[PDB]
Novice: 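Notes on a complex, MK-1775 (bound form) with Wee1-like protein kinase 2.
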Amino acid sequence: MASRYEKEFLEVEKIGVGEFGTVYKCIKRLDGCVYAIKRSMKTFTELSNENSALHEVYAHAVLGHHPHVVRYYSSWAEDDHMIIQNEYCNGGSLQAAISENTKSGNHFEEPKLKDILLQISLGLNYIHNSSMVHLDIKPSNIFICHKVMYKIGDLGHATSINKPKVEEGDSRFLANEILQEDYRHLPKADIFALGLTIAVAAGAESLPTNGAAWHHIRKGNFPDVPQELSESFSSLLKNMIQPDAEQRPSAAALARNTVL
Ligand SMILES: *C(=C)Cn1c(=O)c2cnc(Nc3ccc(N4CCN(C)CC4)cc3)nc2n1-c1cccc(C(C)(C)O)n1
């Protein structure tokens, strides 16, 4: 008479911590595949809006499956702790690949910055076409499979477009339009964060947290990357961080662009 998670899964290793929980690679005993399962470090719960778990729960019931969104399977409770079961991306974070890149002197090259952004753009389009918005796009929440395809994860900041409940994501990928509580075009904030996400993958410095370097970036000023790229590509990238607001390309207008 043990827990659903004990009886159903075999816990292989702990693989990360986030959204107020711990994630473990787990083999499901009955089908023998691998899943990433996040166990809430806290109990149900707090007040809404700024509540991760309700954002995750709402997003997982609105969205279906898409090849570039990390697939959701099941979610349940244990001793008042929430447990989320998602597909297991075996290549880890995109952030982790950039680090092992950076320490080893290498850097993602323009043919790969392009494919990183195209595939994420496809996944971002499915979210927005479901009238949802991610609100925490960064290499931490992009996952690699067969390691090749990138998928978006962490929906602790996700929300409906129509009646939004907004908790701003990571500040280093945060569009100033969101910081000033202008939710007139929320999907464009993921576009903005994606533009910076691709900047991190090209090899840019660790992004600024606040101050003038922050304020400099949100004036359309792309962060410095020790790398030269096509100014046809480089123009598209700065149209993604451009200041305010509806001008930035839609995830569909990005999933069509022959530059990519
Ligand atoms: C929600 C449950 C968040 N989430 C996912 O849905 C998935 C899916 N797939 C992964 N894959 C993954 C595999 C392996 C690693 N590591 C390998 C071992 N090294 C030493 C560290 C990295 C990482 C990721 N992960 C998923 N997560 C997930 C995993 C870890 C942290 C997070 C947070 C911080 C909540 O986003 N999410």
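Shown for chain A, in order and in the PDB entry numbering: 204-350, 374-486. Both ligands and their constituent atoms are indexed starting at 1 by order of listing. Both backbone and side-chain heavy atoms feed into the values below; hydrogens, waters and symmetry mates do not.
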Novice: I need the residues around MK-1775 (bound form) for a figure - heavy-atom cut-off 4.0 Å, please.
Specialist: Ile218, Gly219, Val220, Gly221, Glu222, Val226, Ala239, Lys241, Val273, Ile287, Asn289, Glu290, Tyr291, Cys292, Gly295, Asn344, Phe346
Novice: Which UniProt active-site residue of chain A is in closest heavy-atom proximity to MK-1775 (bound form), and what distance, to 1 Å, separates them?
Specialist: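 Closest UniProt active-site residue, heavy-atom distance to 1 Å: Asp339, 7 Å.
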Novice: Using 4.0 Å as the heavy-atom cut-off, which UniProt Mg(2+)-binding residues of chain A are near MK-1775 (bound form)?
Specialist: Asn344
Novice: Quick check for my notes - source organism of chain A in the deposit?
Specialist: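 It's listed in the entry as Homo sapiens.
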Novice: Which ATP-binding residues that UniProt annotates in chain A are found with a heavy atom under 4.0 Å from MK-1775 (bound form)?
Specialist: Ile218, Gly219, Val220, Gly221, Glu222, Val226, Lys241
Novice: Determine, using UniProt domain annotation, which domain of chain A makes most contacts with MK-1775 (bound form).
Specialist: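 Most residues touching MK-1775 (bound form) lie in the UniProt domain Protein kinase.
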